Amino acid sequence: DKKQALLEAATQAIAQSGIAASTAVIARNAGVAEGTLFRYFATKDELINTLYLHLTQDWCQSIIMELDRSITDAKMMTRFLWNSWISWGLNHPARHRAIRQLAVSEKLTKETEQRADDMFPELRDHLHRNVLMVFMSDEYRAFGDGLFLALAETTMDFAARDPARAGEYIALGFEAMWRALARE
Amino acid sequence: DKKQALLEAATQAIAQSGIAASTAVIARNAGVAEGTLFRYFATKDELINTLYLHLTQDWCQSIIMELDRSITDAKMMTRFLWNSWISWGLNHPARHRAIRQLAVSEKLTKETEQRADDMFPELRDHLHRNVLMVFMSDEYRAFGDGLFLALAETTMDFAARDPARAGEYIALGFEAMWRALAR
Ligand SMILES: COc1cc2c(cc1OC)-c1c(OC)c(OC)cc3c1[C@H](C2)N(C)CC3
Ligand SMILES: COc1cc2c(cc1OC)-c1c(OC)c(OC)cc3c1[C@H](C2)N(C)CC3
């Protein structure tokens, strides 16, 4: 599928260069021309919105596939979701780097933000109950996501480069994130 | 001059391509051959180290300048330090982009690390008194550094794009960092 080829190529390019990644590079790496890229995505912004939804679906399905239903404590459930997030990023570091660039972008439309939330409603509701009010507000929700993604990517980076201590980085990063973002 | 032209060209190149920026491009952006860069610097690792101290001195000076330690409260002093760091990164995005990568680059020697600490000894003392002891340990200080830098860089990024709310981002970033890292 050439649409999937373009999305995979856009993941790799945006992980490397951010949203500044060139659509000519992306198309060529997908094995297609820049013109047919724009026949799939009429604008670069449309490519960016669709890719963010594609990657959001990917990590949502992966984390839904691991959801431990025994966990009934709110902080332990958040630790499990954090662990699942770090694992996804360690397993797919390009996807995580790309999604971190996309999530903190002003190019995401309101329909995209709504569709991203609806892909994992149990998680959206869980965060509404446990995250500090300011980081669910209309004005500071994206910044709260940016702070989460920054602590998570740092945690992945140190876990990946020093795997003998990966569990420690992940638990220290979790505890740091929990008091940065969560209701005490 | 020639050493500084290499240092500033290395700052722009490492900001644009990361620490793996080629010595040829850096040398070329200063009008000198690649072999002259290896004359001024023994290895790439050594130039990475030297650039780190040059950029560390640049922000330490900028922060010691606005440093008022007539303030006694630990939290409010950390807030003003945080604000100065954000201010420096906003004013010099390329210098901050370069230093942020070197700080987590794992190629910095420990003479370099301690020489960086000596450029601002009161900050090191303030940090030891107020940062969670796990993050001031030798095992996890780099990680604690990385977390601080990631939070601060996100704060800078939102403040730059949204100047009307910039200080709110700065205030919220500080409070999250403070909860994440301080005792
Ligand atoms: C502002 O606070 C928070 C914001 C978010 C998350 C957690 C927070 O604090 C617990 C969070 C999360 O939850 C662990 C999780 O789990 C799979 C996944 C993700 C996120 C963030 C948004 N983004 C949606 C990337 C994916
Ligand atoms: C692990 O905890 C911390 C680590 C650091 C800082 C603060 C921390 O907690 C408050 C910190 C700081 O202090 C505000 C500051 O101010 C001029 C400047 C800087 C840093 C970090 C290291 N790096 C040295 C970049 C520069």
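By convention here, the chains are lettered A, B, ... following the listed order of sequence lines. By the PDB entry numbering, chain A shows 8-191, in order. The residues of chain B that appear here are 8-190 by the PDB entry count, in order. Values below: every heavy atom of this structure, side chains too, minus hydrogens, waters and symmetry copies. Counting convention: from 1, in listed order, for ligands and their atoms alike.
- The drug at ligand 1 is glaucine.
- Of all chains here, the one making more contacts with glaucine (ligand 1) than any other appears in the PDB entry as glau4.
- Other chains within heavy-atom reach of glaucine (ligand 1), distance under 4.0 Å: A.
- Applying a cut-off of 4.0 Å to heavy atoms, one finds the binding site of glaucine (ligand 1) to be A/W66, A/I70, A/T85, A/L88, A/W92, A/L130, A/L134, A/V138, A/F142, A/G151, A/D152, A/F155, A/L156, A/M184, A/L188.
- Annotation for glaucine (ligand 1): atoms under 4.0 Å from non-hydrogen atoms of A/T85 are 10 (C).
- Here the protein heavy atom with the shortest distance to atom 23 (N) of glaucine (ligand 1) is A/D152 OD1, 2.6 Å.
- Here the heavy atom of the protein found nearest to atom 15 (C) of glaucine (ligand 1) is A/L130 CD2, 3.9 Å.
- For atom 3 (C) of glaucine (ligand 1), the closest heavy atom belonging to the protein is A/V138 CG2, 3.6 Å.
- Shortest contact from atom 26 (C) of glaucine (ligand 1) to any protein heavy atom: A/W66 CZ2, 3.5 Å.
- Atoms of glaucine (ligand 1) lying under 4.0 Å from at least one heavy atom of A/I70, given by number and element, are 17 (C).
- Here the protein heavy atom with the shortest distance to atom 5 (C) of glaucine (ligand 1) is A/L134 CD1, 3.8 Å.
- Listed by atom number, the atoms of glaucine (ligand 1) under 4.0 Å from A/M184 heavy atoms are 9 (O), 10 (C).
- For atom 4 (C) of glaucine (ligand 1), the closest non-hydrogen atom on the protein side is A/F155 CB, 4.2 Å.
- Of the protein's non-hydrogen atoms, the one nearest atom 16 (O) of glaucine (ligand 1) is A/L88 CB, 3.5 Å.
- Every atom of glaucine (ligand 1) is numbered from 1 in the order shown, and the set under 4.0 Å from a heavy atom of A/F142 is 1 (C).
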